[PDB]
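Next up: a structure with dihydrotestosterone.
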Amino acid sequence: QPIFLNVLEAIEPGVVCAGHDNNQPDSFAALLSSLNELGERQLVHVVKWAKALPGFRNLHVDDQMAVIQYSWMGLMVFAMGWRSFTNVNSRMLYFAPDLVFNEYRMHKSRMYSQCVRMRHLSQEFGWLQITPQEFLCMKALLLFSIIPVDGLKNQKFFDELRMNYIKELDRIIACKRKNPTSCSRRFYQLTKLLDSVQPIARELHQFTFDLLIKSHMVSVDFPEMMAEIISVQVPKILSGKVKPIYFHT
Amino acid sequence: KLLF
Ligand SMILES: C[C@]12CCC(=O)C[C@@H]1CC[C@@H]1[C@@H]2CC[C@]2(C)[C@@H](O)CC[C@@H]12
Ligand SMILES: O=C(O)Cc1cc(I)c(Oc2ccc(O)c(I)c2)c(I)c1
């Protein structure tokens, strides 16, 4: 019974515009300010999405706020790469309908290398032929893939919720294969695909953090929440107090 | 909170 996939397909966030005025010359300040808006806006959907995930509400209230604040980067990035694959075919980074990056914008944003890694991540969806169901499960798993070293208020329930989503992932895979090797290798690819999101997210955390500090020097504006999160939560990740949960080592 |  696909009750679970039912829920994931139903609660999946629709399209979100960054409000970018594609009339303005692609400058550093304009591009990043629009991505910050996109992030702020897209953050709102992430919150509604999560609170709609099976079992998410049961987690403690504080932990609910923490897991979102720690894993939002990786979530938005993962989804972004999906939009780029299914759309612009991965040639470019489909951030929002009104904010699609090309080679030029990648350079002007002062984060060309990171964009390359994201484009590659985007390409992986093709190489691995990730079906839409696999995408959803993996994305859900990402919310539960980064936590504080000290632990959550109720780690007990977190470990169990995480464990379940993983089962769901396996369940998804083993619904077309028959071989003992087939389902096994597929799981290996995905768990790796998932791990690879972490290093990318970590570069953007660093990047946005530095950008925030010298935000007034470069005329880049950070919305209310985006500024608050990058200065309180992100620093815990960069300082190692919050760390991703990797499948492999 | 504010957005939760
Ligand atoms: C999460 C966003 C916005 C949502 C998305 O589609 C992925 C993309 C990845 C780069 C982020 C951007 C939000 C604003 C950030 C954090 C900039 O400050 C630097 C890196 C940007
Ligand atoms: O069997 C299926 O496909 C559906 C399914 C999916 C999940 I995720 C699941 O896990 C929990 C765990 C704790 C909790 O409070 C809640 I609400 C759900 C269970 I149980 C069943």
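The chains referred to below are lettered A, B, ... by the order of the sequence lines, with proteins before strands, and numbering in each begins at 1. Worth knowing before you read on, the calculation uses all heavy atoms, side chains too, and leaves out hydrogens, waters and symmetry mates. First listed ligand is number 1; within each ligand, the first listed atom is number 1.
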- prompt: Where do all copies of dihydrotestosterone show up in the model?
  reply: ligand 1
message: I'd love to know the main binding partner of dihydrotestosterone in this entry - how is it named in the PDB entry?
response: Androgen receptor
message: Help me out: which other chains have any heavy atom nearer than 4.0 Å to dihydrotestosterone?
response: A
query: By chain and residue number, what forms the binding site of dihydrotestosterone with heavy atoms closer than 4.0 Å?
result: A:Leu32, A:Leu35, A:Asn36, A:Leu38, A:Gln42, A:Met73, A:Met76, A:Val77, A:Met80, A:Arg83, A:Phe95, A:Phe207, A:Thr208, A:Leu211, A:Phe222
- prompt: Please state which protein non-hydrogen atom is closest to atom 18 (O) of dihydrotestosterone and give its distance, to 0.1 Å?
  reply: A:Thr208 OG1, 2.7 Å
- request: Give the residues of chain A annotated by UniProt as 17beta-hydroxy-5alpha-androstan-3-one-binding that have any non-hydrogen atom less than 4.0 Å from dihydrotestosterone.
  value: A:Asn36, A:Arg83, A:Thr208
query: Counting each atom of dihydrotestosterone from 1 as listed, which ones have a heavy atom of A:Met73 under 4.0 Å away?
result: 16 (C)
task: For A:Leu35, counting its heavy atoms only, list the atoms of dihydrotestosterone lying under 4.0 Å from any of them.
output: 13 (C), 14 (C)
Atoms of dihydrotestosterone, numbered as shown, that sit under 4.0 Å from any heavy atom of A:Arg83: 6 (O)
message: Just to confirm my output: which protein heavy-atom neighbour is closest to atom 20 (C) of dihydrotestosterone, and how far is it?
response: A:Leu204 CD2, 4.0 Å
task: Report the source organism for chain A from the entry.
output: Homo sapiens
- prompt: Per UniProt domain annotation, where in chain A do most residues contacting dihydrotestosterone sit?
  reply: NR LBD
message: Only heavy atoms of A:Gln42, strictly under 4.0 Å: list the atoms of dihydrotestosterone that pass.
response: 4 (C), 5 (C), 6 (O)
message: Under a 4.0 angstrom heavy-atom cut-off, which atoms of dihydrotestosterone come close to A:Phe207?
response: 19 (C)
For A:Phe95, the dihydrotestosterone atoms whose distance to one of its heavy atoms is below 4.0 Å: 5 (C), 6 (O), 7 (C), 8 (C), 9 (C)
Where dihydrotestosterone meets A:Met80 - atom numbers and elements under 4.0 angstrom, heavy-atom basis: 6 (O)
